[PDB]
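Overview of a structure with probenecid.
Note on naming: letters A, B, ... go to the chains in the order of the sequence lines (proteins, then strands), and numbering restarts at 1 for each one. Partial entry shown, contacts counted within. Header says: electron microscopy, 3.0 Å. Order of appearance sets the numbers: ligands from 1, and atoms from 1 within every ligand.
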Amino acid sequence: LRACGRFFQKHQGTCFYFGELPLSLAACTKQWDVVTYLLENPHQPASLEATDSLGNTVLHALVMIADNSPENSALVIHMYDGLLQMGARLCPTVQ
Amino acid sequence: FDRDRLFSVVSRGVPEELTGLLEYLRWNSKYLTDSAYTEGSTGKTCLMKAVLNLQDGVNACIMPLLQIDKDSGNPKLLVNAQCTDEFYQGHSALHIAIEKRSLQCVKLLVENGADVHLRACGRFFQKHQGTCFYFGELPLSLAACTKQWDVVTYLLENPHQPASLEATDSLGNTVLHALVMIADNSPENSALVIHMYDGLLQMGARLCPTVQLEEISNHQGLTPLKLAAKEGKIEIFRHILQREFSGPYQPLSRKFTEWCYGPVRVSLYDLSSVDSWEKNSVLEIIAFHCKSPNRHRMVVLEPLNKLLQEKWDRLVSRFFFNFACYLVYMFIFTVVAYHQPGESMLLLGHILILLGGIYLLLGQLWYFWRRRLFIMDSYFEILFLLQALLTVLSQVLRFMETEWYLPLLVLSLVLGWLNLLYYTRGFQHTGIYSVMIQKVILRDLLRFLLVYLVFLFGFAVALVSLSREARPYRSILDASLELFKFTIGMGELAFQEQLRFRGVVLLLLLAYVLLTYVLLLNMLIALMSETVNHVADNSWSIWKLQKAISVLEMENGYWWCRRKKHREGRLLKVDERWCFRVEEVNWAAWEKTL
Amino acid sequence: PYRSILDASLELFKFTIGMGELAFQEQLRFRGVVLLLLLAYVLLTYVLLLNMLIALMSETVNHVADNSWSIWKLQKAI
Amino acid sequence: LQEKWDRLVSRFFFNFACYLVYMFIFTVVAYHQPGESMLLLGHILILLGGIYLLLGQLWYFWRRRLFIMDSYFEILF
Ligand SMILES: CCCCCCCCCC(=O)OC[C@H](COP(=O)([O-])OCCN)OC(=O)CCCCCCCCC
Ligand SMILES: CCCCCCCCCC(=O)OC[C@H](COP(=O)([O-])OCCN)OC(=O)CCCCCCCCC
Ligand SMILES: CCCN(CCC)S(=O)(=O)c1ccc(C(=O)O)cc1
Ligand SMILES: NCCOB(c1ccccc1)c1ccccc1
């Protein structure tokens with residue numbers, strides 16, 4: 001599901017950009033237990049190659065929400081590596 | 001049994017020696033409240049001595065002392081007796097008990113009939129610049145300024161005589177007002193005052209639910225929220241604006257969170273006594289009635305930051321229309337000044353600057369009449385008045401055909417162009433840049449001028465007197481002018497052979513040079529010392545204060561047309577209040593919450 | 001003196017370069033007032049120089065010398 | 001020291017006022033140096049005033065002879 005309202009779009013104002021997918025939302029918020037289950041559940045697994053209205057994937061969304069603060073950047077990097085490493089299991093043929 | 005023996009035994013705390021006191025009082029038909037047993041210096045009674053002389057927390061002499069007075073048939077009460085000195089008027093034994101931090105004595109006095117509403121209104125307790133201790137004037141207010149929870153609850157809910165949070169002192173200050181005044185901006189002090197503020201306010205919902213403690217106004221007409229704005233105490237001022245509670249004490253909140261979604265929070269802020277629609281509001285107090293240096297930091301808080309921003313956006317068109325009308329008026333002024341001796345347009349131009357001068361004159365007179373109660377923030381308001389007065393005077397002089405009309409017209413043109421800095425505050429580009437001129441730049445320029453001009457006169461008189469004998473400087477005005485040319489880098493320092501004392505005159509001119517250089521370096525050093533100890537963030541807050549003052553003036557409209565004030569926010573049930581929705585996004589705080 | 005804006009602008013600018021001719025010109029009827037305007041221009045201009053000097057001064061204290069090496073590398077990178 | 005200053009603050013300004021009067025006479029006489037009677041009276045006052053400051057400062061330095069920039073104005077006076 002793609003939440004593409006003006007509140008979720010990135011702009012100068014009252015907004016919360018996290019990408020537009022539940023997988024991207026579960027990645028911007030430091031929620032490991034949610035993000036793995038969404039990716040490897042047997043009912044309907046999410047795909048890291050999914051893109052929002054701007055074409056941003058999960059890795060692109062993490063970059064945009066990443067500040068230069070060293071508390072924020074540590075979690076974004078750790079989330080970045082974990083999603084990238086787990087992507088080698090679910091979709092090895094996709095870079 | 002005289003005063004000296006009685007004062008000694010109560011100090012030593014030996015009830016066994018107090019046996020003969022009752023017999024002596026009955027024999028002489030006297031009471032403990034009589035002037036014979038009170039120190040004439042202040043009016044201290046025998047009970048007051050006992051409370052300040054404590055052992056193990058309870059003075060065993062107090063109880064026998066109190067029951068003796070009851071047996072003595074005193075028409076007054078020793079417990080309710082107060083001092084009579086000018087400095088310590090109204091001081092009582094109950095005040096001493098709370099000060100000594102001894103709940104047991106406070107329990108003892110009220111059980112025997114202590115009046116909890118005794119008002120210590122002496123000069124020592126009144127707030128003034130000097131040796132004083134302002135805590136309000138009631139024992140309840142004293143028990144609140146001192147962090148004594150156990151005392152303050154018992155005084156409020158005791159079955160003998162319960163105190164009331166709605167009680168007021170000589171200035172009309174309640175318990176909440178007293179906490180505000182004694183509240184410093186230190187973050188150890190402000191934490192206890194806020195915690196005391198919430199606790200008394202919450203407990204007030206139990207003892208007096210029908211009474212709104214936050215809306216009680218003192219003799220100055222200020223609520224506890226308005227008093228914090230006037231006193232410039234931002235730390236407690238911020239908490240009241242953003243006060244939020246949950247559970248049974250939810251109605252006591254002023255900030256109601258509507259919905260929170262990640263870093264984005266939506267909160268309904270109460271605008272009661274805050275919106276500028278009502279007279280003597282918090283916004284008006286900060287801009288005009290407040291005089292603390294913190295008033296620029298209080299206009300950037302929420303909801304004031306968004307409340308003033310929305311007012312500015314509505315009135316930004318009025319600000320530029322006012323700016324455009326001033327540019328047109330000054331464009332006419334400049335053209336008429338230049339083309340002063342085709343005559344019909346000059347006459348029309350003279351009329352417009354005459355009508356314009358009256359318009360600014362009446363506008364500024366109306367402003368100062370409204371500002372007469374509290375008057376550097378009005379720096380341009382004075383200049384806009386002077387430009388109007390000189391323009392009116394110049395046009396009046398032109399009617400009388402006196403030649404001095406032209407100098408006044410030209411001085412008005414100079415002042416009018418300089419008044420254009422007032423409209424730099426309407427743009428973020430120019431507003432922030434022009435902040436650091438009135439605060440430091442303009443003040444220290446005056447310091448150098450006054451000192452330098454005095455000794456410019458001293459050297460000018462010296463040069464003229466010394467140069468009067470021949471082997472230049474014919475008067476003070478001339479000698480002042482030549483001496484001033486050294487400052488502008490055009491001073492003619494030459495060995496003038498026409499003077500008999502040619503050598504000495506050069507020495508005076510040289511001595512003036514380095515002595516003046518001392519003044520420039522001192523001024524440069526003075527300018528230099530505040531730049532290092534300066535915060536760039538203050539420039540943004542000071543500019544917002546300048547816009548805050550501006551929007552409040554335009555809300556009143558023009559002097560010739562008073563516009564109806566529009567109330568901000570909307571009436572929303574939260575118990576319905578005129579709340580103001582504020583949308584706030586904070587990634588840093590949200591991530592720390594995760 | 002001061003026959004036009006271009007002339008009057010030039011004489012007023014000479015004060016900034018330290019060559020301003022501040023004299024009591026007897027040829028003018030309002031000789032006293034003209035001097036007051038010239039004097040008022042001097043301190044008012046000095047306010048502008050000091051404000052600019054203060055503005056220049058405030059970023060030097062809050063400056064990092066390491067940025068100069070990185071900015072130069074960006075210039076070479078471009 | 002604050003209570004001593006409050007008691008002697010009137011003496012400080014009286015000393016200041018006497019110096020302003022003395023310098024006002026000094027400035028007038030210096031300017032109007034070559035009606036002659038007032039100039040002669042003005043010359044006498046600055047002569048008597050000069051001796052007064054001379055004797056006052058000599059007495060000060062005699063008492064300060066044991067321990068001598070804090071006396072910067074004492075030298076100038
Ligand atoms: C568009 C053509 C205008 C031609 C010139 C007319 C005279 C204008 C006089 C003038 O300079 O007014 C300035 C004023 C705004 O100043 P302020 O209140 O911001 O001053 C700030 C001080 N700190 O401006 C106003 O208040 C608005 C103008 C009102 C015009 C109608 C007047 C009707 C009178 C009966
Ligand atoms: C009111 C009219 C005065 C007319 C001028 C009279 C001469 C005054 C001379 C003068 O300048 O005295 C200054 C002196 C104070 O200096 P100081 O001790 O603070 O110097 C500070 C140095 N650091 O002042 C005093 O000591 C007080 C004046 C004494 C007047 C009576 C004199 C009687 C003599 C017999
Ligand atoms: C109009 C906003 C609707 N929502 C926000 C999403 C942008 S919401 O998801 O319905 C929501 C969220 C949180 C709370 C709450 O914290 O009380 C209530 C409602
Ligand atoms: N070209 C427009 C420049 O605007 B100014 C400006 C622009 C951005 C930030 C700060 C200021 C400006 C110019 C002169 C004096 C004061 C401010």
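- Tracing probenecid through the model gives ligand 3.
- With heavy atoms closer than 4.0 Å, the chains neighbouring probenecid (ligand 3) read A, B.
- Among UniProt's transmembrane segments of chain B, counted from the N terminus, heavy-atom distances below 4.0 Å from probenecid (ligand 3) occur for none.
- Among the ligands and ions shown, no others lie under 4.0 Å from probenecid (ligand 3).
- Within 4.0 Å of probenecid (ligand 3), judged by non-hydrogen atoms, the site holds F7(A), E258(B), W259(B), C260(B), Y261(B).
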